[PDB]
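Summary heading: complex between cefadroxil and Solute carrier family 15 member 2.
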Amino acid sequence: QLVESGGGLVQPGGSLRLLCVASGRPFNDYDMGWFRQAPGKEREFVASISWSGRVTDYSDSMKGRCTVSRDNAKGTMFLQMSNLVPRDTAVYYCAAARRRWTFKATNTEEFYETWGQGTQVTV
Amino acid sequence: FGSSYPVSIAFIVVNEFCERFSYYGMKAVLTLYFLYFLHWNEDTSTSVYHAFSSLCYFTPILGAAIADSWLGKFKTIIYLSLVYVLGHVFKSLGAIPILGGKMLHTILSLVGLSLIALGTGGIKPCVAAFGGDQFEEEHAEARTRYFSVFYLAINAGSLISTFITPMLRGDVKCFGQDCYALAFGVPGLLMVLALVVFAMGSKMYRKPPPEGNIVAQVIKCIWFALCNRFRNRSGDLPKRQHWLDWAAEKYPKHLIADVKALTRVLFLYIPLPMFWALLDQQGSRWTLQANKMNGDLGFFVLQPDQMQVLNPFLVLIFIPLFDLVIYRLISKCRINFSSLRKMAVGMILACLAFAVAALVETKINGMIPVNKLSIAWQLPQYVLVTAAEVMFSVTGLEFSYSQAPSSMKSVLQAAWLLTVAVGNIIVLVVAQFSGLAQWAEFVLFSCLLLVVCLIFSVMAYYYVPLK
Ligand SMILES: CC1=C(C(=O)O)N2C(=O)[C@@H](NC(=O)[C@H](N)c3ccc(O)cc3)[C@H]2SC1
């Protein structure tokens, strides 16, 4: 609940590390995922991490390579993109979903109910 | 070749292997299929996996109820193998991403899983009872060896599955995406092959017909027995010498005796779920223990998870070692292992295995890493637990068969599998409680196994064998 995302500008071919800070409720009760909304596009799934961190998934693109991982203590989750190309110059959203039984795809927006604020990571 | 072993069992054992293999091939990928194809929660994926496993463990009730009351065996096995094959067809058909998505995939996968559980619970007890029935009642020495080979085939299928499944899910391109259709198609083809090889021995089998609605008659007899003693305000002989002796105004003695035997064996099996639950705390806790010890081995880097493979492999070395050597040595002298001392000593071996695990955990925690345990020193406890499993499971199969009334040979096997199922349920419920140190956890498990062995030994001392 009340997820806050912080990133910044980067240069082509470089690596950036976004951070998602969740405050208000425990971070071990939330499935988390990353989405991006490039200007004019709807929203693209980027990566997902389960409540325990054991299960992690990345979109087909995951430009170059990504590495998502959370720290349930202090509620900080970060995304590690490495080979950023002129694409993916989009605001990266942080989505938090509580633990629950559901058949919704974990890589969709419908699955997640809490959305943070974007972070313009241009390239 | 002129021996006491019928050629027909060659078709049965080879079937069970081909079954277990396939099963262990399908189960291994299962969770991943949920997470990286269906994109389900960790919670939802784990819950569905556990529910599927529990249903597979509990369907033997339906399988044995069908087999011993209606259609007999070789027609329960055949039809439930057809159901199993249909479930595999749905599972593989529900994993190709070309037709439908997120709606047809889920429904097809769940229907296939349900059919697979139904087939497994009904190919498990009936096949063992059938193979046992292939032997004459005078050939109890060859039937024990058949059951040993049956367990050996089960474990060989498990091992070959663990060794071949990654080769099927590694770098494949079904449809622009990971190939989960093959991971389920290969198990489906193995199941079809098992069904074909089983059905090819039809002219050789010794199909015995069912003796009637055994389940219904047993339930009616028990209900009448428990209702007749209710002589609240009067009565002089409600039921004397047993709680089934005056449920005899109907249900002639030939059925009262069978119900008596079933009840005796069930009372004997009462505490087996606890043993199964305690013994199952070795595929998870021991992996955590192995995570904290060196795994280079000097020759090949050994990942802790791979240590699990040492359970089936060691069994393949102990089943022939025991049945051919150790037991023979025990029979060289006057010592009499009566198939219930074997189970008690197996429980004791499991208790010692967990005691050794506790000692090894204490040694690990004694670091101060000069005194860092190798991934070896987990060998003694694996050896002990595998010896316990060999001396318990094979003997339990033989005991469930040899002590079952001829009319309910596949119901006692169902009771065995249901002790396993209740043990799994106990494991599930207790998994949510964890507040003890690992060494204390192992000490507690060893003490609980000792108590379970004591209770089982006391009950088996007073057991009245079928005869
Ligand atoms: C009744 C039953 C089953 C079954 O439901 O089909 N069997 C397997 O499947 C076999 N498992 C192994 O051979 C294994 N080495 C094994 C692994 C863990 C255990 O806690 C016991 C046995 C045996 S066990 C008991």
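The chains carry the letters A, B, and so on, in the order of their sequence lines. All chain A residue numbers match the PDB entry; in order, they span 3-125. Following the PDB entry, chain B shows residues 38-405, 602-700, kept in their order. Both counts, for ligands and for their atoms, begin at 1 and track the order of listing.
- Other chains having non-hydrogen atoms less than 4.0 Å from cefadroxil (ligand 1): B.
- Per the PDB record, the organism listed against chain B is Rattus norvegicus.
- Using a 4.0 Å heavy-atom threshold around cefadroxil (ligand 1), the UniProt transmembrane segments of chain B, numbered from the N terminus, that qualify are 1, 2, 5, 7, 8, 10, 11.
- The heavy-atom binding site of cefadroxil (ligand 1) at 4.0 Å consists of B:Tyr61, B:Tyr94, B:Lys161, B:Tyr188, B:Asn192, B:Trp313, B:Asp317, B:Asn348, B:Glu622, B:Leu650, B:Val653.
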